[PDB]
K.L.:
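For discussion: a PDB structure holding oseltamivir carboxylate.
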4 protein chains.
Amino acid sequence: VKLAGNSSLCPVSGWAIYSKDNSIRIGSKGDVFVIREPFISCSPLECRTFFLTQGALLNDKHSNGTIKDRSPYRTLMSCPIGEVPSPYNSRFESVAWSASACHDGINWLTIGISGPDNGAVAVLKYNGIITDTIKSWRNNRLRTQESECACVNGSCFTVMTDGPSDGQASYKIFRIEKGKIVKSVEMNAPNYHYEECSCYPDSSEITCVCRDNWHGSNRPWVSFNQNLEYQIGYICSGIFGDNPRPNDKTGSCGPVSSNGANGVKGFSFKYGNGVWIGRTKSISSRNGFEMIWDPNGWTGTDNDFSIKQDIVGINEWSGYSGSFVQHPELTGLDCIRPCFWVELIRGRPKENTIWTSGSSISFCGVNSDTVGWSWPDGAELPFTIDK
Amino acid sequence: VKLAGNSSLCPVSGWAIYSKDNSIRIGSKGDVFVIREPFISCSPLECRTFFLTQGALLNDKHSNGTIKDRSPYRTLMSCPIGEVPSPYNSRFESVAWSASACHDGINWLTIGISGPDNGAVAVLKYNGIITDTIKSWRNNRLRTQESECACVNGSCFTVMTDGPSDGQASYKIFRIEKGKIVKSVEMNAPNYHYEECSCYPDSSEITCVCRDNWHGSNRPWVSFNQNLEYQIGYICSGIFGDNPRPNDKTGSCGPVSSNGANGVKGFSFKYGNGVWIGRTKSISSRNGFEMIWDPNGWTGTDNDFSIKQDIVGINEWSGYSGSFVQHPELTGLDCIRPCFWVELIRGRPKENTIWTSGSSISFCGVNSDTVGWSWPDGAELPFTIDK
Amino acid sequence: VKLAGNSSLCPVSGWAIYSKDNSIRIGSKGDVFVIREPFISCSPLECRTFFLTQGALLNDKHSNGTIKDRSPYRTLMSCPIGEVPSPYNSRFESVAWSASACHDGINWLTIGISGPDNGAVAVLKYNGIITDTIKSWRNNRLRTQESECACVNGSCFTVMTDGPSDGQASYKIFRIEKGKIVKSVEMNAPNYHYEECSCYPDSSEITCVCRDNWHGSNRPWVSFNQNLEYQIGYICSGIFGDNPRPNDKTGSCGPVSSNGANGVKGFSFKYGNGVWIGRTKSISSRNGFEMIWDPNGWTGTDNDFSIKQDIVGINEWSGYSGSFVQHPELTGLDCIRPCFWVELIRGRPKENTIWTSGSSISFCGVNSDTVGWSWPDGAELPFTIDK
Amino acid sequence: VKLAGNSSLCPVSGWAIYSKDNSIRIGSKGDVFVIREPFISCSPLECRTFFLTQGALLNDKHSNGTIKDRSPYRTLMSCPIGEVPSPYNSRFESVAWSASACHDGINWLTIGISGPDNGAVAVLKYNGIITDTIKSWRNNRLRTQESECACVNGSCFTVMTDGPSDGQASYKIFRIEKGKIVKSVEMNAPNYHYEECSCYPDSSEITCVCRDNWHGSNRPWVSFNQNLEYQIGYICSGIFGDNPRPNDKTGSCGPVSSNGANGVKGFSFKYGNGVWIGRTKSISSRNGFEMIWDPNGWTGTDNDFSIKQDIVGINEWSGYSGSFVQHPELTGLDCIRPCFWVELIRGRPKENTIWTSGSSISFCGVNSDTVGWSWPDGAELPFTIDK
Ligand SMILES: CCC(CC)O[C@@H]1C=C(C(=O)O)C[C@H](N)[C@H]1NC(C)=O
Ligand SMILES: CCC(CC)O[C@@H]1C=C(C(=O)O)C[C@H](N)[C@H]1NC(C)=O
Ligand SMILES: CCC(CC)O[C@@H]1C=C(C(=O)O)C[C@H](N)[C@H]1NC(C)=O
Ligand SMILES: CCC(CC)O[C@@H]1C=C(C(=O)O)C[C@H](N)[C@H]1NC(C)=O
Ligand SMILES: [Ca+2]
Ligand SMILES: [Ca+2]
Ligand SMILES: [Ca+2]
Ligand SMILES: [Ca+2]
């Protein structure tokens, strides 16, 4: 039966660790895919990890030059959550250097973008069958979430971007049914910039927290209903959510220009005027990670907060992060549970290796007792392939 | 329920990438079978990759001398599409140095030919159980499609060849039910030559596009109904489909003798007088690949064409190619969707290695937007086993 | 349907070997997790091996320093009984450096403790979904069974410990339903010490045999009904069950202070006044293993016994051991069958390696003929990674 | 539903190759168990390969000394037919240095013998649960078929041997239901010798062809009904079936003393007075293999034969062989199909290696066309571990 998506987010006081795959550590010997931009999504029966391979294994020569973002060798694959991404335990989804996926309760929808930078095509699959395609409309690296799409009442929603990553671009919202695009709309967002949206369902509507790679060290957001009637803005909190960023101070309801160039995929959960902010501990690089509750951070520019939970140490590598949800249909609860994953990036450019890859950790929001700590990657680089 | 096979091919304007396994790249470290002549076929529930192993893994000593076509060690195995062919994820089908397979909607039929060059026997299995055999009738390398057989209304059809590969030979059409041969007929084709047929269902009849290894740089074809009442001919288009071949010029409805010796397994899709032609970019070797639409190419000798889509670069290795279909029972469409796979051959004879193997890519025909590009093998030879 | 748990233990005259995975031997080449504290538990359909990984594979550099008990890299995983614990065949359960698991007949309950030594949190999962958490209440290494929890009539029971491991600590009994804690009680046990309880169901009540790490070379026990109304004591037999211990002599119904410091996880089965005692053959180190029937050993201090069966040779490595049961729902018997597993520890601290790991053997209680022998680990250390 | 076992063997004119796993070749790099005495057995849904591991992988140090027959490390495992026996694809059955297995249509029965030479115990499992045990009654290497047991009308039958392997011993027939021994009888066979019986069902009765290791270069046989009312004898044919043996001449209905010491596990199929004989091509060592039809060979001493089919070349390694059947319930036929497997032994004692292991091939009896050939192991010894 199709996910209803009409309940609100569950109240959350803390985050319980959900999984950790130790990919890099194990790939030191085992047969583990070189990967990046992993993410988690759940069917009514299980939770899977999606990832973009580089068509190579760790500690092999073909892992060389994997700093590179796009190529014909990259593919979208998935394995069970907490398991290592291996050729022996991973299912093939699509050929892609950018992707999204989500389960509407009936079947898996996957979105895989491949092809040249000036004419990339997104292939939509429903239950493993090609159901639709969309070609670049600006001919400049058509790209998408790199996390799960959001499903409500039999429809799945995603956001896509085409154009410059350092200037005004084009952003479109899609409504998809049975892997078929049934409605789309371009966002009227002059001076905004959207990348790698983390979108989730909440009371029959979708909320996306994204990445301003242009000129915003705070995060941009889009919320829309099933008819794609949307609203835009930036998270107001003085607790800046992007990386790099400036030290915490007074925030803005518009793009915070200071340290606003570049960025990293992230997320956040809106509760009334309050916000759950996941972010790196460092303001300059992709190190550490922490969850921060600002009861007034969604609409207020104050730099205060009530709660702060450690996820990854300040001196440890982190990277991308994104949201995923567990619907009532899966949990048996009467509300949509917020979860999140973190990508722990190892290798280039920060380390002396020929390769770049990441492992993952994940947490779920609970109202019972929790605790901070540091669950880092834990691999020792360089590897033998790098010597 | 059994596939009806009575709808016509879906109209197709372009080809969307469906899968890529990156076998050679991964086999550089992982435990991946040395293989060749792979192909794809679909049950009403999934799509699998079939392949002939050499009973050896890449980057191992036993991969040595794998240039050789036939031997007792070769076996027919299958794994899920897009996955690497590994001993840890592959299912054993049959002992074979030549094979075909297809699902009639109820169960898998596999055809595996093994034994000596002068008395090979084809073993038919239905749902993994031996249901029939056929021995060589000309005692000269009994061989078959190396791609999926075609199923219609509970019957599966294949084509087999016995005799010289550089002169007139013998070609038979078979009708098979529950893995049991219920009717066969010899093709009356003096001056024709058939090898490695790519056959597909279309409106209750079967169409096969094959390989004239004798004296034809254009492709031969056979079409028959369920009672094995057939027609033969050659694709007329001046867009020659085999390799090697001459530069494009005026074609023929008979075998184009020029550069007609040798060849490579290929395919094509007939739409009225028009044809979808898949072929290498090079006219001399197995490099590149492209899809070309000639609205008059099936029955006309003109060397014109409306559409051309790049699949593999001119300077990249290709190889065999073949068709497969997804029936309405699988897709939910009201027509039979045309798909195709390409074998990317690496190693001998063109490269300095002790071994020969291939990886695969696949596409499906869509009417939505698509794009050309190059999705090559991407491995760096020689391997460590070759040093 | 939920396990009834109301039948009594089956009479048992001997122990039949049930499984052996040969993990270390195979991990010498294969991709096998470095593990410790493994244990077995059964659903109404199968029996699985649970284990705590160190996030590393044998014969790899990351296996280094695995003597260490707790860290963020450790995870709870499971595979089918008798199979090697591998990334390619193991299912991920939870992030944990201490754990318990058990099936109530409907779904799997897993308990994974992670976090810092001064604030560890136990995460309860039911069917893979987080259902509850418990934080350390003494802020000193919250820890649990390291073996299966006990289920009766739809409720699962475990025992947890927080505080010193060399002095008085705090011990709590939990009642859990659908992975949700519905009742708990602190044990009033001054001068007792409980660690790593081996608990089993018997006639609608739970019996736990544990490890006094403080001052008892005989084993402590807890028995309670569904309402958590409990009794405590120590096994009286002069056949001391812990390691290290003194030579057999007159026992005590209280902690035997002599050689009472430290210990090792163990178990025992109560039959009236009699006891089935599993223990190391050595009184000083973790070598050998034997099953001993003392018809008066539960309540009597005599050092006599009727039956003695060899499991592991005196000069062979052993380690932890624990009980598991097979309910009538699984076996078809009208009684709860007692089984047990043994952890064969290799590496540090007793051997010259950088790593520490264990393999496992298991037996089931039968009333038919059996025999003693020695089923040791059988690996040759050091490994190549240690050179 | 339970196998009826009441139809007769299907008429067979030849043997079609069914599978080949290429284990040794692949284990040169892959993670493949060192094994010996493999065998095949079928459930109503699939056919599996059973084998005794040595608790080690090929090309690893622990494979050393695997010439040895019995040890605590050996285990009974199974994987799908034609697949390599790997820790990543094999299911654990039982701890054993001798075994049998068979499916009664409802569940798998496995028999695993382990323990010391002077008190071995056979553990019977039904659907993975221990259901019974039998201890050595002569205290001299209790051993069994090393091939599938035979099932008829809900009962499974096996033969076991205890005592000298070079003199008179003790042989018992067992009737087993739900893994529980319900009847047994000792064979009154003075001057006979039985080892490693290949037993099959035929018209509600069981026929076993075995190995006289004492003083018979022709094969001994036992046939019994469900009540264990039996008959004994030796295959009369002058086509001697054991190895070693003398050149073919006039046979005997008693043990052929000439070259009668030692032997090798084999099989044969009785059709009236005629016999299908599988045997090595060499009379002195375990090389080659061939199927021979002697229409009068069961009861006649003539050294004539009608049909001879090559399976393995004279100069290629062979080894054990055994029968297995596919019941009507599996095939849909109205008769029990005879199949057979061959073990291709590599390594010690005949080759310069530290290890010993085997791969397998299998065939099924058909009435359609077949052909002889040689499907050998195909590995190049020694391996790197042997250097
Ligand atoms: C093309 C712009 C885009 C967003 C800024 O770049 C991303 C940033 C990179 C990064 O900041 O880590 C990694 C992503 N793989 C890349 N996405 C693609 C499709 O290349
Ligand atoms: C026997 C003739 C046949 C068709 C020309 O050869 C094929 C060509 C070879 C090729 O051109 O690549 C490879 C095929 N493996 C081979 N088929 C067999 C059965 O050996
Ligand atoms: C923290 C005390 C506890 C019980 C004595 O230590 C155990 C003993 C160790 C041992 O004696 O082998 C190994 C266990 N992994 C360890 N448990 C934890 C959680 O660290
Ligand atoms: C114990 C006698 C027995 C039959 C002759 O030996 C067999 C012969 C050996 C052989 O001839 O190859 C291998 C078998 N693994 C062995 N069986 C056992 C249980 O050790
Ligand atoms: Ca930014
Ligand atoms: Ca040609
Ligand atoms: Ca103690
Ligand atoms: Ca003999």
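The chains referred to below are lettered A, B, ... by the order of the sequence lines, with proteins before strands, and numbering in each begins at 1. One-based numbering, in listed order, for ligands and for the atoms of each.
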K.L.:
Which instances in the model belong to oseltamivir carboxylate?
P.N.:
ligands 1, 2, 3 and 4
K.L.:
So, counting contacts under 4.5 Å, which chain has the most with oseltamivir carboxylate (ligand 2)? Name it the way the PDB entry does.
P.N.:
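Its main partner is neuraminidase.
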K.L.:
For oseltamivir carboxylate (ligand 2), which other chains fall inside a heavy-atom cut-off of 4.0 Å?
P.N.:
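The heavy-atom check gives B.
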K.L.:
Is the closest N or O pair between B:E37 and oseltamivir carboxylate (ligand 2) shorter than 3.5 Å?
P.N.:
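Yes: some nitrogen or oxygen of B:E37 is under 3.5 Å from one in oseltamivir carboxylate (ligand 2).
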K.L.:
Kindly confirm or rule out an N or O of B:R36 lying under 3.5 angstrom from an N or O of oseltamivir carboxylate (ligand 2).
P.N.:
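B:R36 vs oseltamivir carboxylate (ligand 2): N/O contact under 3.5 Å present.
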K.L.:
What residue and heavy atom of the protein are closest to atom 4 (C) of oseltamivir carboxylate (ligand 2), and at what distance?
P.N.:
B:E195 OE1, 3.6 Å
K.L.:
For oseltamivir carboxylate (ligand 2), is there an N or O atom under 3.5 Å from any N or O atom of B:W97?
P.N.:
no
K.L.:
Per the PDB, what organism is listed as the origin of chain B?
P.N.:
Influenza a virus
K.L.:
State whether the shortest distance between N or O atoms of B:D69 and N or O atoms of oseltamivir carboxylate (ligand 2) falls below 3.5 angstrom.
P.N.:
yes
K.L.:
Any N or O of B:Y320 that comes nearer than 3.5 Å to an N or O of oseltamivir carboxylate (ligand 2)?
P.N.:
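Yes, at least one N or O pair falls under 3.5 Å.
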K.L.:
Going by heavy atoms, is B:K265 under 4.0 Å from oseltamivir carboxylate (ligand 2)?
P.N.:
no
K.L.:
Determine whether any heavy atom of B:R286 lies closer than 4.0 Å to an atom of oseltamivir carboxylate (ligand 2).
P.N.:
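It does; at least one heavy atom falls under 4.0 Å.
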K.L.:
Which chain positions lie within 4.0 Å of oseltamivir carboxylate (ligand 2) by heavy-atom distance?
P.N.:
B:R36, B:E37, B:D69, B:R70, B:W97, B:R141, B:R143, B:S165, B:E195, B:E196, B:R211, B:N213, B:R286, B:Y320
